[PDB]
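What follows is a short report on a single structure.
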Amino acid sequence: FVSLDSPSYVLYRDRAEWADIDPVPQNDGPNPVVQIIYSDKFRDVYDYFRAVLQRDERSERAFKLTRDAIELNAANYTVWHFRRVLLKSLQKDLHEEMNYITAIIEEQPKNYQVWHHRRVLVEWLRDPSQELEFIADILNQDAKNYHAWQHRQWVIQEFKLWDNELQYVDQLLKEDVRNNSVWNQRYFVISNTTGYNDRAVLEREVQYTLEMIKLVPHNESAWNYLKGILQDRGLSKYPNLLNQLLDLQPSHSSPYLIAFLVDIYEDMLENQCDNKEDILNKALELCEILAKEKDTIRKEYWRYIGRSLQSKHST
Amino acid sequence: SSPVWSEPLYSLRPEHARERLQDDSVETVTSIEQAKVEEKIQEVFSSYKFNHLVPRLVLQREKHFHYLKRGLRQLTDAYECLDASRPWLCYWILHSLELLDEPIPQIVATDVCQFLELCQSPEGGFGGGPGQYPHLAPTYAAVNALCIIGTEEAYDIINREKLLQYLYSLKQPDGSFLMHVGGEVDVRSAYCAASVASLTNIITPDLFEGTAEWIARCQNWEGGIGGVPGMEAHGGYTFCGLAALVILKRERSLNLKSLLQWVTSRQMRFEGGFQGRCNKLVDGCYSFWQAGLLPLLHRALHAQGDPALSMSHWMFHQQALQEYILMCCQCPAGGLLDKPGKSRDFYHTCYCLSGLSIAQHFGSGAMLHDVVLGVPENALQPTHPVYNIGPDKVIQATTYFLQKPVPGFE
Ligand SMILES: N#Cc1ccc(Cn2cncc2CN2CCN(c3cccc(Cl)c3)C(=O)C2)cc1
Ligand SMILES: CC(C)=CCC/C(C)=C/CC/C(C)=C/COP(=O)(O)OP(=O)(O)O
Ligand SMILES: OC[C@H]1O[C@@](CO)(O[C@H]2O[C@H](CO)[C@@H](O)[C@H](O)[C@H]2O)[C@@H](O)[C@@H]1O
Ligand SMILES: [Zn+2]
């Protein structure tokens with residue numbers, strides 16, 4: 001009907017159709033703390049929301065009122081909950097409500113309540129047909145919106161919409177290879193579909209990641225994904241990887257590469273590698289280089305790694 | 001060494017310039033934003049250096065105190081967006097005043113207690129304001145605020161019987177908790193529940209059944225913890241996850257090695273502060289959410305008898321974090337913030353100060369080692385890494401409530 005900013009908007013205390021119900025002012029106590037000096041419009045809407053909530057009035061007027069309360073404070077979870085109670089009682093058209101939540105999220109995508117409301121609607125309708133496209137639009141505006149990605153994972157997993165997600169991940173990585181949210185989605189997609197136990201899949205992933213690292217050597221996300229897909233089996237289980245990284249070292253001694261080498265050495269020592277003393281010396285030299293020169297912000301961590309290595313493998 | 005009036009800074013060393021972003025000549029939105037922030041931060045760093053003269057950094061206590069004191073009573077309509085988070089405003093402000101060692105007048109303490117009583121729901125828990133449904137976030141905030149006040153008047157406001165029933169009403173069979181009735185679930189709920197339950201002594205054997213395992217499922221390939229299983233690691237959710245596990249004495253459920261490497265990697269080599277997730281920007285509030293994980297990891301590893309743990313420092317750059325907060329996160333008018341260019345708010349004031357305190361104080365067993373950068377008056381009161389309220393407040397509250405029985409349970 002009329003929005004809060006509409007020229008013809010009328011305060012609830014002035015609406016004839018609301019005259020039969022008394023507004024309920026907020027009880028802040030005689031000596032209030034953290035007292036918000038509300039605008040007249042804000043207080044007016046909330047005084048009436050408090051009244052309908054208190055009377056548990058499941059009406060169309062109460063339903064429209066929640067829309068105004070939400071515009072005033074979309075983080076008010078009590079209003080959202082009551083709105084859902086009304087959606088059910090009044091048997092409101094859920095597709096119409098989906099259109100509403102779509103507009104709301106577009107305006108305020110960084111809010112927990114709006115995304116939760118949308119999830120409830122999709123669950124109620126058992127209809128995910130608009131989800132991937134809607135989410136892609138939000139991500140088109142902020143490619144790292146946490147709520148958007150979380151909602152995306154839920155929809156895909158709940159309705160088994162895995163088919164085109166790796167392509168979506170690939171497109172977004174092409175747009176910004178440093179987008180950590182996308183590398184996370186890549187892991188989410190693969191672990192839930194083919195898994196990483198398939199050696200052909202793992203090889204494809206290791207090659208792809210190494211390629212990305214060569215393109216942008218200082219992009220930490222690619223380095224983290226490489227370790228992430230190999231860490232559970234153990235970094236020392238991939239002998240060729242060590243050699244490849246070693247060749248790259250002179251021309252690409254980034255703290256990421258050096259740190260990865262220490263991680264490999266750590267695992268080697270943990271697995272009764274041959275040349276223990278040699279590997280330990282190499283690992284300690286690298287920890288020193290990282291602590292003193294290449295990654296000084298993490299000097300306390302690297303010094304701790306050096307002491308751990310000695311407590312576990314000095315013999 | 002140096003005269004007492006000049007104190008060399010890590011961020012001002014000539015080698016520090018080497019820490020600027022290397023974009024490999026491949027620009028993307030991420031590198032462009034990072035470079036913009038680094039450019040601004042360098043300007044700020046340079047303004048604190050006068051060739052070989054580097055005056056001691058100063059925490060503007062009095063200005064922060066006046067901003068906080070004013071906020072505790074009244075707020076502009078710019079705060080209408082936090083009308084469903086009023087107990088948070090109480091907690092953020094009280095905790096900041098507590099860190100600054102500014103006493104709470106009895107009148108103010110009583111008024112806060114009365115207000116929080118009005119926010120408490122008859123079904124248990126606290127809502128965002130009077131008459132609002134209860135929600136775990138403001139419940140966590142209200143309980144912490146009451147514990148900061150620490151009077152019997154404050155402790156007694158909590159309806160423990162209903163609080164426990166309320167927690168049960170949110171508990172899911174997979175071990176997770178809803179944030180509120182008909183609400184969303186994420187790691188924040190588990191921490192909010194574990195925090196209030198342990199402080200008020202209402203933990204039953206079944207309350208947290210499966211919770212430790214659900215939290216472990218949230219730890220991802222990165223080593224950090226996401227909001228729910230499968231999601232990207234974030235400092236906010238990682239703090240919640242690890243702190244909850246520490247309360248439950250189930251830290252070992254996590255791969256502490258990958259968590260440790262992940263959190264330490266979140267400290268920005270150039271800025272000195274912490275980012276919330278990989279490839280995102282530095283932000284003063286992460287001084288708490290991220291850096292706070294180090295005292296938790298230390299405690300955890302120490303419990304396992306790790307012989308390589310330091311006996312004097314947390315495993316992050318304590319000095320650099322203090323430099324970032326003191327030089328880049330203070331609003332000249334009082335209050336602290338995300339990064340230069342942003343406006344002050346109570347949330348950032350709370351967390352920037354909480355992080356500053358963690359960076360200043362190391363304690364493990366009988367070992368205590370302080371690193372207070374700048375003038376000596378910068379030293380803040382210590383904060384408990386699990387609850388983020390004074391350790392004295394934690395002991396006093398737990399001692400008080402341990403004298404009461406777990407509601408309807410033996
Ligand atoms: N929750 C949360 C949350 C979400 C996003 C962020 C990301 N973030 C980092 N710096 C500023 C922010 C954005 N925050 C400010 C605090 N806040 C909030 C409101 C009520 C209570 C609490 Cl603790 C926090 C929010 O909802 C949004 C931080 C925290
Ligand atoms: C007890 C309790 C309520 C704890 C809350 C902890 C916390 C800070 C959670 C963060 C959640 C989140 C969605 C961050 C992303 O916001 P963003 O994209 O705006 O920030 P970013 O760029 O720094 O990731
Ligand atoms: O940080 C990796 C570490 O986390 C655990 C959970 O504690 O598993 C996470 O990471 C795996 C990838 O390494 C994922 O397969 C798993 O789903 C995720 O929970 C540990 O098993 C692992 O060592
Ligand atoms: Zn912040």
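Throughout, a chain's letter reflects where its sequence line sits, starting with A, and its residues are numbered from 1. Per deposition record, X-ray crystallography, 1.9 Å. Read the numbers this way: they start at 1 and go in the same order the structure lists the ligands and their atoms. Because only heavy atoms are used, hydrogens play no part in the values below, and waters and symmetry mates are left out as well, while side chains stay in.
- The drug occupying ligand 1 is L-778123.
- In the deposited model, the macromolecule with the most close contacts to L-778123 (ligand 1) is named by UniProt as Protein farnesyltransferase subunit beta.
- The other chains with any non-hydrogen atom less than 4.0 Å from L-778123 (ligand 1) are A, B.
- The binding-site residues for L-778123 (ligand 1) (non-hydrogen atoms, 4.0 Å) are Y112(A), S85(B), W88(B), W92(B), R188(B), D283(B), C285(B), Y286(B), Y347(B), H348(B).
- By the definition of a contact as any protein heavy atom under 4.0 Å away, atom 1 (N) of L-778123 (ligand 1) is in contact.
- Atoms of L-778123 (ligand 1) lying under 4.0 Å from any heavy atom of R188(B), numbered from 1 in the order shown and given with element: 1 (N).
- Counting only non-hydrogen atoms, the residues of chain B annotated by UniProt as (2E,6E)-farnesyl diphosphate-binding that lie closer than 4.0 Å to L-778123 (ligand 1) amount to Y286(B).
- By the definition of a contact as any protein heavy atom under 4.0 Å away, atom 27 (C) of L-778123 (ligand 1) is not in contact.
- Under a 4.0 Å criterion applied to the non-hydrogen atoms of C285(B), L-778123 (ligand 1) contributes the atoms 9 (C), 10 (N).
- Here the heavy atom of the protein found nearest to atom 12 (C) of L-778123 (ligand 1) is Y347(B) CE2, 4.4 Å.
- In terms of N/O distances under 3.5 Å, L-778123 (ligand 1) is approached by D283(B).
- Distance check for atom 23 (Cl) of L-778123 (ligand 1): a protein heavy atom is found below 4.0 Å.
- Looking from atom 4 (C) of L-778123 (ligand 1) to the surrounding protein, the closest heavy atom is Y112(A) OH, 3.9 Å.
- Within 4.0 Å of atom 14 (N) of L-778123 (ligand 1), not a single protein heavy atom is present.
- In summary, the atoms of L-778123 (ligand 1) found under 4.0 Å from a heavy atom of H348(B), numbered by their order in the structure, are 10 (N), 11 (C).
- Lab note: entry names chain A as Protein farnesyltransferase/geranylgeranyltransferase type I alpha subunit.
- Against a heavy-atom cut-off of under 4.0 Å, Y286(B) is close to the following atoms of L-778123 (ligand 1): 7 (C), 9 (C).
- The PDB entry identifies the source organism of chain B as Homo sapiens.
- Counting only heavy atoms of the protein, atom 20 (C) of L-778123 (ligand 1) lies nearest to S85(B) OG, 3.7 Å.
- Result for chain B: of the UniProt Zn(2+)-binding residues, L-778123 (ligand 1) comes within 4.0 Å (heavy atoms) of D283(B), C285(B), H348(B).
- In this structure, atom 9 (C) of L-778123 (ligand 1) is in close contact with the protein, since a protein heavy atom lies within 4.0 Å of it.
- In this structure, atom 6 (C) of L-778123 (ligand 1) has its sub-4.0 angstrom surroundings free of protein heavy atoms.
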Run through all N or O atoms in L-778123 (ligand 1) and write down each protein N or O closer than 3.5 Å, as a pair with its distance.
from                : atom 1 : to      : atom 2 : distance (Å)
L-778123 (ligand 1) : 1 (N)  : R188(B) : NH1    : 3.4
L-778123 (ligand 1) : 10 (N) : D283(B) : OD2    : 2.9
L-778123 (ligand 1) : 10 (N) : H348(B) : NE2    : 3.3

